[PDB]
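Entry overview - Peptidyl-prolyl cis-trans isomerase FKBP1B with rapamycin in place.
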Amino acid sequence: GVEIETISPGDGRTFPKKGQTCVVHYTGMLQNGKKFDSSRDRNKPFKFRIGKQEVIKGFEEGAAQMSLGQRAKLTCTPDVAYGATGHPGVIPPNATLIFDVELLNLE
Ligand SMILES: CO[C@H]1C[C@@H]2CC[C@@H](C)[C@@](O)(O2)C(=O)C(=O)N2CCCC[C@H]2C(=O)O[C@H]([C@H](C)C[C@@H]2CC[C@@H](O)[C@H](OC)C2)CC(=O)[C@H](C)/C=C(\C)[C@@H](O)[C@@H](OC)C(=O)[C@H](C)C[C@H](C)/C=C/C=C/C=C/1C
């Protein structure tokens, strides 16, 4: 599943609600591998709708349990990421992914 290790605490009370749009900054990295993406490196926050299955389960489940302003390291096992299939040319099969995520705003 997804494990959370807080980097910076949030307000501890404002969590993503159904339908809301999460505004996040993230950096993705293969466990014991290379970084493959960074919204911070291109200075451009990433947005996605909660509960609309727009992003892998682990990323959404991680964000869903974070409060406004919180930043955390998410460790996602393959079953809540890209599984046995992986992501063509970027994420190999059975890859555990590490995501440094910061919940910047809720829209
Ligand atoms: C160049 O950058 C890519 C993102 C890259 C691709 C490669 C991966 C390593 C990665 O580097 O992101 C990455 O770090 C990553 O794994 N991410 C992105 C951050 C959130 C977590 C994860 C993810 O779920 O990606 C996503 C993963 C790859 C695919 C999804 C996984 C969950 C599953 O339920 C979905 O349906 C099967 C598909 C990519 C996204 O976050 C983008 C935003 C979303 C989608 C494509 C789908 O939700 C789609 O559904 C039709 C939509 O509703 C969108 C809005 C429609 C419009 C036209 C498409 C825009 C495409 C934008 C693509 C972007 C910015």
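Numbers in chain A track the PDB entry; the residues on display, in order, are 1-107. The figures here come from the full heavy-atom set of this structure, side chains too, leaving out hydrogens, waters and symmetry mates. Each ligand, and each atom within it, is numbered from 1 in the order the structure gives.
- Contact annotation for atom 57 (C) of rapamycin (ligand 1): protein absent (non-hydrogen atoms, distance under 4.0 Å).
- For atom 1 (C) of rapamycin (ligand 1), the nearest protein heavy atom lies 4.0 Å or farther away.
- The protein does not reach atom 64 (C) of rapamycin (ligand 1) closely, with no heavy atom under 4.0 angstrom from it.
- Contact annotation for atom 22 (C) of rapamycin (ligand 1): protein present (non-hydrogen atoms, distance under 4.0 Å).
- In this structure, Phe99 is part of the shell of residues with a heavy atom less than 4.0 angstrom from rapamycin (ligand 1).
- At a 3.5 angstrom cut-off on N or O pairs, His87 does not count as close to rapamycin (ligand 1).
- At the top of the distance list for atom 35 (C) of rapamycin (ligand 1), counting protein heavy atoms only, stands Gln53 O, 3.6 Å.
- Counting per UniProt domain, chain A has the most residues touching rapamycin (ligand 1) in PPIase FKBP-type.
- Protein heavy atoms are absent from the 4.0 Å sphere centred on atom 54 (C) of rapamycin (ligand 1).
- When distances from atom 32 (C) of rapamycin (ligand 1) to the protein are checked, a heavy atom turns up under 4.0 Å.
- From the protein, the heavy atom lying nearest to atom 44 (C) of rapamycin (ligand 1) is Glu54 O, 3.4 Å.
- Protein heavy atoms come within 4.0 Å of atom 28 (C) of rapamycin (ligand 1).
- Within 4.0 Å of atom 60 (C) of rapamycin (ligand 1), not a single protein heavy atom is present.
- The protein non-hydrogen atom at the shortest distance from atom 10 (C) of rapamycin (ligand 1) is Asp37 OD2, 3.4 Å.
- Looking at atom 17 (N) of rapamycin (ligand 1), its nearest protein heavy atom turns out to be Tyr82 OH, 3.9 Å.
- In this structure, residues within 4.0 Å of rapamycin (ligand 1) (heavy atoms) are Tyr26, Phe36, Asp37, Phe46, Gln53, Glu54, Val55, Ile56, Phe59, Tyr82, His87, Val90, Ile91, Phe99.
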